[PDB]
Amino acid sequence: XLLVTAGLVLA
Amino acid sequence: XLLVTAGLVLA
Amino acid sequence: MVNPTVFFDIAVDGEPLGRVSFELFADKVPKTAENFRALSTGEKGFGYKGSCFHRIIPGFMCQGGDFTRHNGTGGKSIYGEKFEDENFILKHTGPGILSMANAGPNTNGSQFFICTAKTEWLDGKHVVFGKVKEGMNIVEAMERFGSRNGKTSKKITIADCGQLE
Amino acid sequence: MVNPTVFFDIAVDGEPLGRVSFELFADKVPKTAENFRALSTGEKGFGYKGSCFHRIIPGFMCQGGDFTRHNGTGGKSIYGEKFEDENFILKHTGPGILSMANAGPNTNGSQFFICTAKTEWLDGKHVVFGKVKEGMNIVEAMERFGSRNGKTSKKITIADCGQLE
Amino acid sequence: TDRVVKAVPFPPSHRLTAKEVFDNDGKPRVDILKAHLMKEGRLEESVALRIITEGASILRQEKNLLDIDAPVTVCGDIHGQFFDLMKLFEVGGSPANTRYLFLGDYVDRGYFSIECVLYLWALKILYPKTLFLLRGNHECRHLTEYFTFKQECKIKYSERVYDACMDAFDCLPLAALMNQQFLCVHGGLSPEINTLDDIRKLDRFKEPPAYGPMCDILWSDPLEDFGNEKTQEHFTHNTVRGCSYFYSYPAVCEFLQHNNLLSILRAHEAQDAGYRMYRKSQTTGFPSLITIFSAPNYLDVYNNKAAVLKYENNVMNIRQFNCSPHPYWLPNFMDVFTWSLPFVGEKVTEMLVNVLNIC
Amino acid sequence: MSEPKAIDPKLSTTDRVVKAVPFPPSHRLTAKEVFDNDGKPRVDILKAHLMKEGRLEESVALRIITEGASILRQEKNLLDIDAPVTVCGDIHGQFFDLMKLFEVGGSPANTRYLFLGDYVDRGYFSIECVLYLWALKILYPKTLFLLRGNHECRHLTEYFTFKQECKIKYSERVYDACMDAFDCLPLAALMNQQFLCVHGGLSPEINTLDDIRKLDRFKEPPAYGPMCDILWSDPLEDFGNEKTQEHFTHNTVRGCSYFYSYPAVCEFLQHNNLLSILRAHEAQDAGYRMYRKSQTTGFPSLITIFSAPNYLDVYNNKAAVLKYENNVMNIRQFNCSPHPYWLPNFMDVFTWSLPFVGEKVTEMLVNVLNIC
Amino acid sequence: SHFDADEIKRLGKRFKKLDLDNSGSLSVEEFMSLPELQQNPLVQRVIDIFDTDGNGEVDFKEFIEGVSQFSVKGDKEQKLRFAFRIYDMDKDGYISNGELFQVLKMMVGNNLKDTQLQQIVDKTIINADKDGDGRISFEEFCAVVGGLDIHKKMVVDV
Amino acid sequence: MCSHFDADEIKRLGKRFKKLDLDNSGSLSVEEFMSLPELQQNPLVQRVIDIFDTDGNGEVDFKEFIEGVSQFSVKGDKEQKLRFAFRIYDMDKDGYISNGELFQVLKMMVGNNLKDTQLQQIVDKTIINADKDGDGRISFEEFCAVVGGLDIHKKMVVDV
Ligand SMILES: [Ca+2]
Ligand SMILES: [Ca+2]
Ligand SMILES: [Ca+2]
Ligand SMILES: [Ca+2]
Ligand SMILES: [Ca+2]
Ligand SMILES: [Ca+2]
Ligand SMILES: [Ca+2]
Ligand SMILES: [Ca+2]
Ligand SMILES: [Fe+3]
Ligand SMILES: [Fe+3]
Ligand SMILES: [Zn+2]
Ligand SMILES: [Zn+2]
């Protein structure tokens, strides 16, 4: 989808 | 403080 | 849109105080609103009928819906377990907002609270599914029986509950 | 009130594109603002001078602030570890918003992100600490060098970071 | 086995054959295909190419401007969201006793784009004079190369199943004339399109150019100030989309009168309520433009509702519906190994270089 | 039979998981550690102990309360103070935030103070706030000044946590001692012949400054009347936007007292020739709220100063102290400071955990027997 | 002393259904089977109190003796002795500052911060430890939780 | 000889072993590793102990400490660095990553940022889109038939 993570980028 | 929990009421 | 309306007939130590009706925002929170509705009807065999409001903190809220333990520790949903926090579209804007009570993230059962004032700090933490339609006077009347820790002086119960329309 | 402002002189492959001014909210978020301002001056050895913008998605944000690995998995805070989510007071208004990236709840590091659109779904999940004060034309320029993947065709970098008032 | 969460469905290994999908008449069984596609089930690579080509050949023989007759149920963007398509057919009615008009964008954004093609195309074969499909701006190669439909087709099937879709998407009609009152496009108008005879004499069967009449049909949007025109001028440049134009109220409220049309029914843009009715044409009291969005909770992030638009008995019914549950996929359809290794490669190295910190 | 033995270095630790956090002292400060030879309190030695959640001996705690109660007794209802003053609002038991206001406002050794009430309730370090402020009032009798808030009575302290606080940390004797000392707290304050400083506000029964002087203090605040209204009155929600003119209206929010409007305030300021009325009582987001300025001067006719940041651990408000010197009113602002956790109503972890423990165990066993 | 076979027969049938490998001894997996026992904070703790031999696994003699403290025909002193053992991890008859914390982080989880949970664990000991040893006994536990009617809710039907 | 390190390399890491050894037993426990600053905030710490165990006893001795950190040298290879990376997704070391093992290792890293039902869905699909043989688990032949192109091995290097 539309997220801003550090390492495991999700949907 | 002012919380709404079910079992362990906090501050 | 076609949002259900449930009713609560309040009773102070057996004696009626009044009736509070809620609009369940099933349009914005379908799974969470169906839970409250089905428990108000008692179609699943269990529910809000007879249960008490164990925690009333005047100037804050009225917590209830613990039909298994009546003290805050219990309560169950119609989904067997304890369902997930559906969404947080709706905020605790002000007095009258009906919202779910949890034991942290994704632990929604039956217990809920009715805000008597604006509670913004609960946004993103608790799921809002309804508001008081008619009967805010009764919720204000319920307030007069509370205390700081929430323990009620006289036992306030939901003597009758169901669905309107 | 007496809020610290910092800058970012963007460089595409090597050549200058312009600066972006950032008003930090030390008033709303004290610790989180200092975690950006400290790495913006580079007063701990490691800073935002010579840093890469790994993920850039159009109509979303500009993720950057990773220097220990430059791919997205690294970065470290000024507290010698990875700090806690300060508070979720400020929301994602729309374009210009500067918020903290994380690896989940209470996992805040050195990595941040600048918004190019309204990102309300990240409220209560990411800690907002700043807004673009001046230089929004420079951010809209960095935007067009990205993709759906987040991949940067021409490697966008930060080469000059400091402080104003 | 070692399977932890056992209650969740396991995608069927079995890929459906030509016998199971099709019949001896050549009519596909949509209900046998539906329940399979819902369990994340795939098809035999040749029968997937047969549903597309047979359905592409049926769209080729159809003209540029289709003439749809009332009662119809107009849908907007489906955007990969298959599980939200099954719900759309329930609020709108069964494809047997209900006529349909989709305005485009079946692919991209949502991670189930190929299923939305296979079901709609299977429905196009079985009901050719009932189920009508148009062309949206995402039905081109450049927007599927950039977005997620190419990467979907490679992974779920082959790049040849993609070239089947790309050949079928060019056979898709641009506009629709619904009950001699409505012009139905994806985006909207064009300054190069004055009358309805400007849509009929166009070379379709090609990839939409960066400009031109074909582009503007699928790409155009109304002004954000549609009604309040302090700054007039009919057609301005579309800054939000990049290419194409913007159409103001007097640009629409003159196209209508010039062609005896009532209103324009479009999609393209994301709408919070699932639709949006714009400023009324003061000749009829009917909204000059209505946008219809059929993708609810678009990108699992905007909590938008979706609406469908059914016109029956001189009454326009706008029916709203909510998001249905769907299976998870990582971005770009990447496997856990490709997603997790860059994290392992550092969270083992940031452990070992931090074991050499003590001395 | 000595022989020095060899011990295990891995067994030389304690069970305590979060070793980094301080354990509150077991030592109770004596009169010899709190008080000097001249009878002067050692405030810097007190600060250092209370900030670590350390208690005093029940006897010396009483000495600090009674000694300061005796100094407040000899003071008038309406105090006479002058510039340079640093006016403070509600504290509501937020001790570690009272410690911060003494930095932003200045040390009590060279700075003049005026607290508008509400030292107790809501915050869980109220007895530490009384014990410090009273100690300051013994050491600086004419510099530090304390007023009476609506919470400085036995009605609100028995409903809220103050009585329980005293009972858990010290005893009920210290509560009773605090209650008489609270009676001895002055109601108003005339500051630099220009200002009138109270907790709540005005009263329909208070027309001049001579009214407050003749008022009988030294009692538990009444349900009706002047002394009650000094402590409870809030300004009418719309101040300057009053459509139907009235002077005092029944305060529906509080449930007692009255509401006061602008033609009720600008009326009082002329018959008494005062500049403004500084109050507290109402929680402000910015820690202050300057109301409608009287066009005859240009200075706010009311101020409402609130000195409790992140009120009730959740409001996320700033707090403001109020400095005044050389005809300029300086509104300093400050945020929250960390403070230790306490369970609601000072309860222990056993009375808090057992109802949940009782349940989570019963439901483990009733869902292991009822599965067949 | 034993009980009555009516209830023990029912317990035994339910015990056999829970015995996957039919050994008698139930492991971590042989308990984390049921959907209402996997997402509950005190499973591991109730297992360790049932295990009267310390092998890490529960058998029949123990499955009986554990639900015996919970049976309808129980007593106050018997029920609270179990409540005490939820916190007393190493079974020495004394709850420590580390044992008390661990059990509470099992319950409150992430809803309270570590420093915040430690502060209230430190404070419970200060106010409840009469002998001054830094730890809490059964006598010091009952002097706290004796006034409340907790014993009436720790009942199950067999 | 199949080992890597030489003279001054093994001598330098011998000075780093006595400092990590609190009880000076000669064997490093897990409760000896988690006392360091940047290790309690790392999901894969227990992994770089269970794999660093040539015997399996919970304690990482000096033989296993030299042999483990040996794959993290500039003198390490491709077939070797991805072999260790394969052993991360395998907790029991049977040389085959089973359906639910992958789940456990990913939850160690992802946790509650993905719902229970979500992680299992992508796992059941990663296997169906990579398990060519159809055994219901992934070997080192199939794991390499996927990741052996993104080249993460050039970064799995520390210094002696
Ligand atoms: Ca067994
Ligand atoms: Ca046993
Ligand atoms: Ca113990
Ligand atoms: Ca003891
Ligand atoms: Ca050792
Ligand atoms: Ca070993
Ligand atoms: Ca394995
Ligand atoms: Ca395999
Ligand atoms: Fe679209
Ligand atoms: Fe107050
Ligand atoms: Zn479109
Ligand atoms: Zn007050």
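Residue numbering restarts at 1 for every chain, and letters A, B, ... go by the order of the sequence lines. Residues carrying modifications are folded back to their parent amino acid or marked X, and whatever atoms they have beyond that are not scored as contacts.
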Original post:
Under the nomenclature of UniProt, which macromolecule has the greatest contact count with chains A and D?
Top reply: Protein phosphatase 3 catalytic subunit alpha
Original post:
What is the name of the drug located at chains A and D?
Top reply: ciclosporin
**OP:** Return the chain letters whose heavy atoms come under 4.5 Å from ciclosporin (chains A and D), other chains only.
**Re:** E, F, G, H
**OP:** Report the molecule name of chain H from the entry.
**Re:** calcineurin B subunit isoform 1
